[PDB]
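Entry featuring salicylic acid.
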Number of protein chains: 2
Amino acid sequence: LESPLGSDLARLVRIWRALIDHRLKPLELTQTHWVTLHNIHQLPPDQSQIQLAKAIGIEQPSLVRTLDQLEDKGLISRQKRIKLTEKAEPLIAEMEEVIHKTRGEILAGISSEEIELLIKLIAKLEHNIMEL
Amino acid sequence: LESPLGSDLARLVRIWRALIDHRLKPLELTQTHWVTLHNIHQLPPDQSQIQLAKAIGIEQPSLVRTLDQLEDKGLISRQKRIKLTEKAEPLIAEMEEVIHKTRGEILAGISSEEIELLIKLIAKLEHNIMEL
Ligand SMILES: O=C(O)c1ccccc1O
Ligand SMILES: O=C(O)c1ccccc1O
Ligand SMILES: O=C(O)c1ccccc1O
Ligand SMILES: O=C(O)c1ccccc1O
Ligand SMILES: O=C(O)c1ccccc1O
Ligand SMILES: O=C(O)c1ccccc1O
């Protein structure tokens, strides 16, 4: 088709992130940090590095500086598997609450069956991509 | 809702970009560079800095290093308005061809009326976001 789908989506995702970044600044989480912690939070327990980078859609080595920092601030433990600490729990719970609440306002006036099709479509687009 | 829409989209967009990045590496365009040139290309002629950052969904100062480089390699001219040069034309045309062609393969088996709803939905999501 003619329509610039990938850059429409890429803009949307940038402005949605930027809204969240603003709302989370008091927590002085940077983008990369909350993105990565959120991702850890929505995965099941004990992810390998490799599962995490994949769920994010990035390549490990970029993941590693971000993880190293989080480990430095004691947010995260590794023994290569990944566990949120006791110490990150209040920070996470408040982060997730702002993210959840922002999603409810973003999703306002969009029907569940419309959101359900978006999700199934995202899936197919990604499958095409991975198949290449 | 419960569903992690923003990170689904953010993954999709990361893996779609990464596919394009791979395909464009022979041209040794970096991500930021092709993203920005593509954006310039799909806009009407002579954008201000400000229109460009907005179409991308970023804030000007990040835009500026990238533009400075492009101007250094003679891809781009400014007099604060922005014009692709004569010299960038073959590079652009080949870039756009790879992007266009990648979109056709990504969009395979998805109906036009389904792609048309995605586009209208992206629009509404962004409007909610800007309204905040
Ligand atoms: O601008 C982007 O980030 C982008 C991402 C995927 C496809 C096309 C694009 O312009
Ligand atoms: O792009 C990155 O470097 C990155 C690193 C960690 C988490 C999310 C990210 O996009
Ligand atoms: O909607 C707001 O005003 C807001 C501000 C910060 C965090 C979550 C929010 O909903
Ligand atoms: O992971 C992201 O980049 C992201 C972007 C917007 C909303 C939620 C997210 O996790
Ligand atoms: O995030 C950036 O710094 C950036 C800069 C120029 C173009 C696209 C971008 O995402
Ligand atoms: O599909 C491919 O093999 C390909 C490779 C590079 C550029 C555009 C493409 O379609």
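The sequence lines are taken in order and lettered A, B, and onward as chains. By the numbers in the PDB entry, the shown part of chain A spans 2-80, 89-141. For chain B, we keep the numbers from the PDB entry: what you see runs 2-80, 89-141, in order. Note: hydrogens, waters and symmetry copies are ignored here, and every other heavy atom, side chains too, is used. Remember, it's 1-based here, ligands and their atoms both numbered in the order they're listed.
Tallying contacts with salicylic acid (ligand 1), the largest count belongs to the chain named in UniProt as Transcriptional regulator SlyA. Chains touching salicylic acid (ligand 1) with a heavy atom below 4.0 Å, listed by letter, come to A, B. Residue contact annotation: B:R112 has no non-hydrogen atom under 4.0 Å from salicylic acid (ligand 1). Scanning the protein for heavy atoms near atom 4 (C) of salicylic acid (ligand 1), the closest one is A:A11 CB, 3.7 Å.
Checking only distances, B:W17 never comes within under 3.5 Å of salicylic acid (ligand 1), N or O to N or O.
Below 3.5 Å of separation, one finds no N or O of B:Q43 facing any N or O of salicylic acid (ligand 1). Residues of chain B near salicylic acid (ligand 1) cluster mainly in the UniProt domain HTH marR-type.
Residues of other chains with a heavy atom under 4.0 Å from salicylic acid (ligand 1): A:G7, A:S8, A:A11, A:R15, B:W17, B:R18, B:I21, B:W35, B:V36, B:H39.
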